[PDB]
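Section: structure with tetrabenazine.
Heads up: numbering here begins at 1 and tracks the sequence. Just follow the structure's listing: the first ligand is 1, and inside any ligand the first atom is 1. This entry, so its header tells us, was determined using electron microscopy, 3.3 Å. Both backbone and side-chain heavy atoms feed into the values below; hydrogens, waters and symmetry mates do not.
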Amino acid sequence: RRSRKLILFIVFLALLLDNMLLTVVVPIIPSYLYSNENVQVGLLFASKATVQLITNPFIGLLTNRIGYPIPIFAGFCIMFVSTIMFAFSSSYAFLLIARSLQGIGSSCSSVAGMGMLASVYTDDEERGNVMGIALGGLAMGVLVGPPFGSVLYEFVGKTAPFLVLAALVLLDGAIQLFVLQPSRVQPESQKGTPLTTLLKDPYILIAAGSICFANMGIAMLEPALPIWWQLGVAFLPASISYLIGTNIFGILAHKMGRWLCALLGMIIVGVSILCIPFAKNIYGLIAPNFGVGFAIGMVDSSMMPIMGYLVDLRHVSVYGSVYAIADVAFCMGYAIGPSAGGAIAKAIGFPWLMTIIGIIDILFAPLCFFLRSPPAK
Ligand SMILES: COc1cc2c(cc1OC)[C@@H]1CC(=O)[C@@H](CC(C)C)CN1CC2
């Protein structure tokens, strides 16, 4: 009733449905907008990520205090509510409210799920493979969001995508209730490491910063696009590379040494974003997006297991707070990317900002090298 494969499949389907509900509202954004960079789409991107950043550490403490399954089930009882709220959203305020709920549900699911994955798969290699599979599920969600949403919303109606996603969610929630059975509390054995200590560390800082700055590029590029069939096939070149990269490096990273794969993933992000401006909409902006996605997938699949590795090598073997920190770093892009990046743009323009990002990415790339051999304690 607790085989590792089942929990891995849980986290897979969790991140898949979460990101599908995330990106399925894209064909529904203009239908609430019209009724450079955008401000309203910026707020739609912001609110959820900001609430996720607000709620990640508190979830990382809740899991250590009552267990993982109850957080995961709270996530899957929230997402089912946010989906219905979406399905019954007319104005802008209700849209933002539903997005923030969805954000709390996401934060919950992602943090507690990565924590359970690191807690079950105790060994390394297998944990690398497992994190790769989970991020591949996330990628599959990002891929299957836009086209599914577009086709349904354009075929039968605008409520149907949200309601079908609600049904899929409910099925996922039932599966999870069968596999995990959170009907009883279960606190972890050891007292978790104080978050202040985990944050004072250099190495977790370096890994989290690498994730954050490898995500910031594609986080600032998207909410400022020529859009808002160019809407459904908008985010295909990014996700079709994210998946192919993560579900290949998750299994072939430890053999090379993550430190090398992380450095290469940051370099590739940099060289892709730097070349973004040399493009047009249909012909140009595709291939650089593919490079960006492949590289950020490499970086994510290389840096997600390291977090648990660092904690096992230098702290008490608990996985909640550290993966909450990793998720905070990953999602900080979409909170300070649209608004602050939008202001930087409207001051200087996007053909300049992307270069700046590329510079900071190429500078932060060799800083991963200090993830070669962290001295234990
Ligand atoms: C509708 O809201 C949003 C829309 C989308 C996203 C973010 C938003 O909100 C958080 C994700 C975030 C990711 O994970 C990116 C993965 C890349 C690297 C392949 C891709 N974009 C796609 C669009």
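- Ranked by contacts, the chain bound most extensively to tetrabenazine is, in UniProt, Synaptic vesicular amine transporter.
- For chain A, a heavy atom less than 4.0 Å from tetrabenazine occurs in the following UniProt serotonin-binding residues: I218, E222, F235, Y242, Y334.
- The UniProt-annotated transmembrane segments of chain A (first at the N terminus) that reach under 4.0 Å from tetrabenazine with a heavy atom are 1, 2, 7, 8, 10, 11.
- The residues of other chains having a heavy atom under 4.0 Å from tetrabenazine are listed as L22, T23, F45, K48, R99, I218, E222, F235, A238, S239, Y242, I296, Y334.
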